[PDB]
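In this entry the chain letters A, B, ... are assigned according to the order of the sequence lines. The residues of chain A that appear here are 3-44, 62-301 by the PDB entry count, in order. The residues of chain B that appear here are 3-44, 54-301 by the PDB entry count, in order. Computed from heavy atoms alone, side chains included, the values below leave out hydrogens, waters and symmetry copies. Order of appearance sets the numbers: ligands from 1, and atoms from 1 within every ligand.
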Amino acid sequence: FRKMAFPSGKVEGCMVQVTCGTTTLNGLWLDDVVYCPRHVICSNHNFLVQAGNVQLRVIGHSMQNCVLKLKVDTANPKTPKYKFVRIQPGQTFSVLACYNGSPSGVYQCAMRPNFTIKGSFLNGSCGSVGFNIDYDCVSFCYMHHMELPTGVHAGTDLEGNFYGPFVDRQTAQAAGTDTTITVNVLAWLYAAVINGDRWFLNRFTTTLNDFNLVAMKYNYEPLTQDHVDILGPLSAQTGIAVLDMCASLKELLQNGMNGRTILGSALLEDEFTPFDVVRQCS
Amino acid sequence: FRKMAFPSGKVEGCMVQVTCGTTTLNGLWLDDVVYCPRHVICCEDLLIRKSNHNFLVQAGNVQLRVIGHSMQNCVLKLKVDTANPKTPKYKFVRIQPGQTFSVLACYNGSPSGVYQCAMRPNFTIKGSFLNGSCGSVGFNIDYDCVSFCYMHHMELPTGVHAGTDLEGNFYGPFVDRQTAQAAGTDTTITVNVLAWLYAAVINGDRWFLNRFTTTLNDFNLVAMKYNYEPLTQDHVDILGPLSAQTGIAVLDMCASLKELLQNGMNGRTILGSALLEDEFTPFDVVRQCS
Ligand SMILES: *[C@@](O)(CO)[C@H](C[C@@H]1CCNC1=O)NC(=O)[C@H](CC(C)C)NC(=O)c1cc2c(OC)cccc2[nH]1
Ligand SMILES: *[C@@](O)(CO)[C@H](C[C@@H]1CCNC1=O)NC(=O)[C@H](CC(C)C)NC(=O)c1cc2c(OC)cccc2[nH]1
């Protein structure tokens, strides 16, 4: 299985550049509003908003947490059906990396439990957005702001609220220690089972609390009830109860794979969600 | 550093659904021609027996009217009475083994996902394709010019995939029949592994570097032993920009790879991988890192 991004065309049509003084970054143009990181300012006639080479006149503005909302005099005719959503650690999304308002590439990312993403961003990438697409509706979840000294990345939702304990200052910040996304590893184990790779199944089970206590001792995220629910479809498809798969993973954590492989790998993958596995296996 | 696909907007505007009888798959709508896999009709006798009205072409909700049809190898060409306004500047190209491209996976004319693939030395690709994905295309983008190089036709019993260029000629020994087909034995794209090692350095991973250099002939001896493709002097040149930026000569990186092949990774990772990755070309690395 492979990391698959959503097609980026609905988001491509919304990317513009925003310039204040000599500082240029990316903005997101939906109807007659352009959203961009507020630090571009580091009056209406001080903002140069361009779609390609064409200027969009700014007629008003305001700040919502760490994002600037620029009111423009043209409604984007390419505006898709969309929502702003705040995602949870473990959830995945596509990133359209942009420079000077021009799309450069698309790739799939996961929100780490410490609210960073392992992205691929260069100078001028701020304002690039992350998103999911469900039945032609684009759910925008991420706007890019920062690269940590460790090389991972940090940003906000489209309401300007950072994910994690970060601030939009030119200061070296540190993420909390990362953990493994348990729910995604389990989805990966279900994907193995769906494809016939099932030697790791055992005849034990566990309670959720007992498993969560053990997981935390291996730097694994505890499972939420929401996690148990989104594993539901894969449990039903394979006939393997979620708590039985937890007991199989626990043995894997306590004994290892020997030299054995799962899905042709010796390392457990944790950036595929239960939805990604359903998306891909069907 | 991530596996990065080209933005797919330009190609999404070209995807349509083609239906003939019981069979449905995807087509590519360029100006006033729809290109799709010919097996949608299931030979020359078979096409003759068909008429323009046997073909149902849908661009979203709108039906397009077919006014002509011809066959070019394994690709069917349907002239339609309407030109696609979203037709980008484009060209049809046949890629070389080792080269990469983005795949826009589509189902029923609707784009579904985008990911990066490489043409394997044995002329397969390791894709992610389900029932209904035939007609999906692979492409590269250069300055608003889309170069189409792949149209999807089949999945081998081993799970890898096979297809044609846009002139309808298969990559590799495959045919568009309902048969179990094996590919030749695959090899690893050496020049791409080196590109990726350079990328791991540019991104701060250095544990695999060593003080040794090798010769090109001696490195190729070891490569051939481990089922790696030969490294040519043209490959050394193409790696010039990455060696220049890191200050590590190509033959020095080759000595690091040789040691990696002979000793293994010893349970360490490179760019989070436990395997030597070979589906990044030198240009891919340069495009992403600069
Ligand atoms: C946006 O492009 C900026 O508008 C840029 C994106 C990063 C550049 C390299 N890769 C990226 O993802 N963002 C920044 O430069 C931000 C700007 C802030 C929010 C005002 N700053 C950082 O990412 C930043 C600053 C510092 C730092 O200081 C001193 C020390 C260490 C790391 C660091 N990152
Ligand atoms: C197309 O979408 C057909 O329109 C379909 C795509 C594959 C199905 C599952 N995943 C895919 O990538 N392609 C096929 O079904 C083709 C059709 C041919 C070219 C007419 N056939 C195969 O991919 C195929 C057939 C057989 C087979 O038989 C016998 C035995 C083993 C493997 C196999 N693959």
**Asked** Which drug or candidate compound lies at ligand 2?
**Response** PF-00835231 (bound form)
**Message:** What's the chief binding partner of PF-00835231 (bound form, ligand 2) here? Just the name from UniProt is fine.
**Reply:** 3C-like proteinase nsp5
**Item:** PF-00835231 (bound form, ligand 2): other chains, heavy-atom cut-off 4.0 Å
**Value:** B
**Prompt:** By UniProt annotation, which domain of chain B has the most residues touching PF-00835231 (bound form, ligand 2)?
**Reply:** Peptidase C30
**Item:** Options B:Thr190, B:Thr169, B:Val186, B:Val42, ranked by nearest heavy atom to atom 27 (C) of PF-00835231 (bound form, ligand 2), top entry
**Value:** B:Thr190
**Request:** Counting heavy atoms only, name the option from B:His172, B:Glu166, B:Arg40 that's nearest to atom 10 (N) of PF-00835231 (bound form, ligand 2).
**Result:** B:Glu166
**Message:** Which option wins on minimum heavy-atom distance to atom 13 (N) of PF-00835231 (bound form, ligand 2): B:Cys44, B:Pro39, B:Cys145?
**Reply:** B:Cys145
**Item:** Atom indices of PF-00835231 (bound form, ligand 2) within 4.0 angstrom of B:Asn142 heavy atoms, with elements
**Value:** 8 (C), 9 (C)
**Message:** If you take the nearest heavy atom of each of B:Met165, B:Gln189, B:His41, which one is closest to atom 17 (C) of PF-00835231 (bound form, ligand 2)?
**Reply:** B:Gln189
**Asked** If you look at the UniProt active-site residues for chain B, which lies nearest to PF-00835231 (bound form, ligand 2), and how many Å separate them by heavy atoms, rounded to 1 Å?
**Response** B:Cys145, 2 Å
**Proximity of B:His163 to PF-00835231 (bound form, ligand 2) by residue part, where a heavy atom lies under 4.0 Å** = side chain
**Prompt:** If the entry models a covalent bond for PF-00835231 (bound form, ligand 2), which residue and atom sit at the far end?
**Reply:** B:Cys145 SG
**Message:** Are any of the N/O atoms on B:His164, whether in the backbone or the side chain, positioned under 3.5 angstrom from an N/O atom of PF-00835231 (bound form, ligand 2)?
**Reply:** yes
**Asked** Is it the side chain (CB and beyond), the backbone, both or neither of B:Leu167 that lies under 4.0 Å from PF-00835231 (bound form, ligand 2), heavy atoms counted?
**Response** neither
**Under 4.0 Å to a heavy atom of B:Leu27 - the qualifying atoms of PF-00835231 (bound form, ligand 2), by number** = 4 (O)
**Request:** Name the option, out of B:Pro168, B:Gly138, B:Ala191, B:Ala193, that contains the heavy atom nearest to atom 30 (C) of PF-00835231 (bound form, ligand 2).
**Result:** B:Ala191
**Prompt:** With only distance considered, is B:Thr26 within less than 3.5 Å of PF-00835231 (bound form, ligand 2) through an N or O on each side?
**Reply:** no
**Request:** Please list the residues near PF-00835231 (bound form, ligand 2), using 4.0 Å as the heavy-atom limit.
**Result:** B:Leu27, B:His41, B:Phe140, B:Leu141, B:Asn142, B:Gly143, B:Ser144, B:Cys145, B:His163, B:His164, B:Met165, B:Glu166, B:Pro168, B:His172, B:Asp187, B:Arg188, B:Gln189, B:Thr190, B:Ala191
